[PDB]
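Note: structure shows adagrasib engaged with GTPase KRas.
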Amino acid sequence: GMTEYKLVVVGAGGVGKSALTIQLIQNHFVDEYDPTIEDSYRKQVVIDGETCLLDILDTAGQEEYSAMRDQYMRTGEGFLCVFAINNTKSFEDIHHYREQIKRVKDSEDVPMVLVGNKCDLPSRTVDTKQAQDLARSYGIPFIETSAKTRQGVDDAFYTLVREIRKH
Ligand SMILES: C=C(F)C(=O)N1CCN(c2nc(OC[C@@H]3CCCN3C)nc3c2CCN(c2cccc4cccc(Cl)c24)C3)C[C@@H]1CC#N
Ligand SMILES: Nc1nc2c(ncn2[C@@H]2O[C@H](COP(=O)(O)OP(=O)(O)O)[C@@H](O)[C@H]2O)c(=O)[nH]1
Ligand SMILES: [Zn+2]
Ligand SMILES: [Zn+2]
Ligand SMILES: [Zn+2]
């Protein structure tokens, strides 16, 4: 049978939500992708021998909290919380995204992975130890990714699937 996993990618504008998603879906680094466009993608994949369908929401658009937006985000079974390792503000914004995730899921235990993207970049401002400690305090995995070199892309999404399996 084919289990679907509904995944939602969140994180500050410009951290790489779209580039990560396209790199998963299309196996290409797209260095300019409309920052406003929010879309969803299906990909049949095999994770630990399980054939599954990833249904991935690449969050975009504007910050608003209508009932329609809440209902779409609430269908998410697991969330990628993405920051950029060269952007300390995007790391600090993880608090707000985890806050919104918990709100719509009405749960203090939501499958989540903390994703530190742009690990190909030399000019890093967020230490790995700092991101590891945050993820540890939340009980979630941390993974560094580069949508540009594709390092960790599959594993960030697969790790999220394994967290969804846990709950
Ligand atoms: C190109 C870009 F600009 C760009 O890509 N976006 C910037 C604008 N978006 C958002 N921004 C901020 O807050 C930005 C800052 C941080 C502190 C407060 N705000 C001042 N918060 C949200 C959004 C999207 C909608 N939303 C959510 C609404 C309702 C329910 C949710 C449940 C779970 C998770 C979410 Cl995420 C929910 C929260 C979209 C995207 C970012 C994403 N994700
Ligand atoms: N160097 C590098 N740049 C990246 C990476 N991921 C995204 N970018 C760049 O960061 C910018 C914003 O990426 P985007 O996917 O649109 O971020 P989004 O707003 O979160 O969807 C783009 O110009 C990308 O070229 C990465 O892993 N490494
Ligand atoms: Zn985007
Ligand atoms: Zn679906
Ligand atoms: Zn908030």
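When a residue number appears, it is its place in the shown sequence, counting from 1. Remember, it's 1-based here, ligands and their atoms both numbered in the order they're listed. Atoms considered below: every heavy atom in the structure, side chains included; atoms not considered: hydrogens, waters and symmetry mates.
Adagrasib, all copies counted: located at ligand 1. When heavy-atom distances to adagrasib are checked against a 4.0 Å cut-off, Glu64 comes that close only through its backbone atoms N, CA, C and O. Atoms of adagrasib found under 4.0 Å from any heavy atom of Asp70 (numbered from 1 in listed order, with element): 29 (C), 30 (C).
Residue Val10 touches adagrasib through backbone and side chain together, judged by heavy-atom distances below 4.0 Å. Checking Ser18, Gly61, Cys81 against atom 6 (N) of adagrasib, the nearest heavy atom belongs to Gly61. This entry records no covalent attachment of adagrasib to a chain. Using 4.0 Å as the threshold, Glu38 has no heavy atom nearer than that to any atom of adagrasib.
Checking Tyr65, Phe79, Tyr97 against atom 11 (N) of adagrasib, the nearest heavy atom belongs to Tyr97. Both the backbone and the side chain of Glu63 come within 4.0 Å of adagrasib, judged by heavy-atom distances. Counting heavy atoms closer than 4.0 Å to adagrasib, residue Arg69 contributes side-chain atoms (C-beta onward) but none from N, CA, C or O. Remark: distances from the non-hydrogen atoms of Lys105 to adagrasib are all 4.0 Å or more. Proximity to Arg103 (heavy-atom distance under 4.0 Å) selects the following atoms of adagrasib: 29 (C), 30 (C). Those atoms of adagrasib that come under 4.0 Å of a heavy atom in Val104, given as number and element, are 30 (C), 32 (C). Remark: among candidates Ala12, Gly13, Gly11, the nearest residue to atom 3 (F) of adagrasib is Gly13, based on non-hydrogen atoms. For adagrasib and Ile101, the ligand atoms under 4.0 Å from any heavy atom of the residue are 33 (C). The GTP-binding residues of chain A named by UniProt that have a heavy atom under 4.0 Å from adagrasib are exactly: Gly11, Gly13, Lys17, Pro35, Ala60, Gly61.
The N/O atoms of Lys17, backbone and side chain alike, include one that comes under 3.5 Å of an N/O atom in adagrasib.
Near adagrasib, within 4.0 Å on a heavy-atom basis, the structure shows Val10, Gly11, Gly13, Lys17, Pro35, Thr59, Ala60, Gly61, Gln62, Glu63, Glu64, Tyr65, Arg69, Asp70, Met73, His96, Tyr97, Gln100, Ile101, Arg103, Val104.
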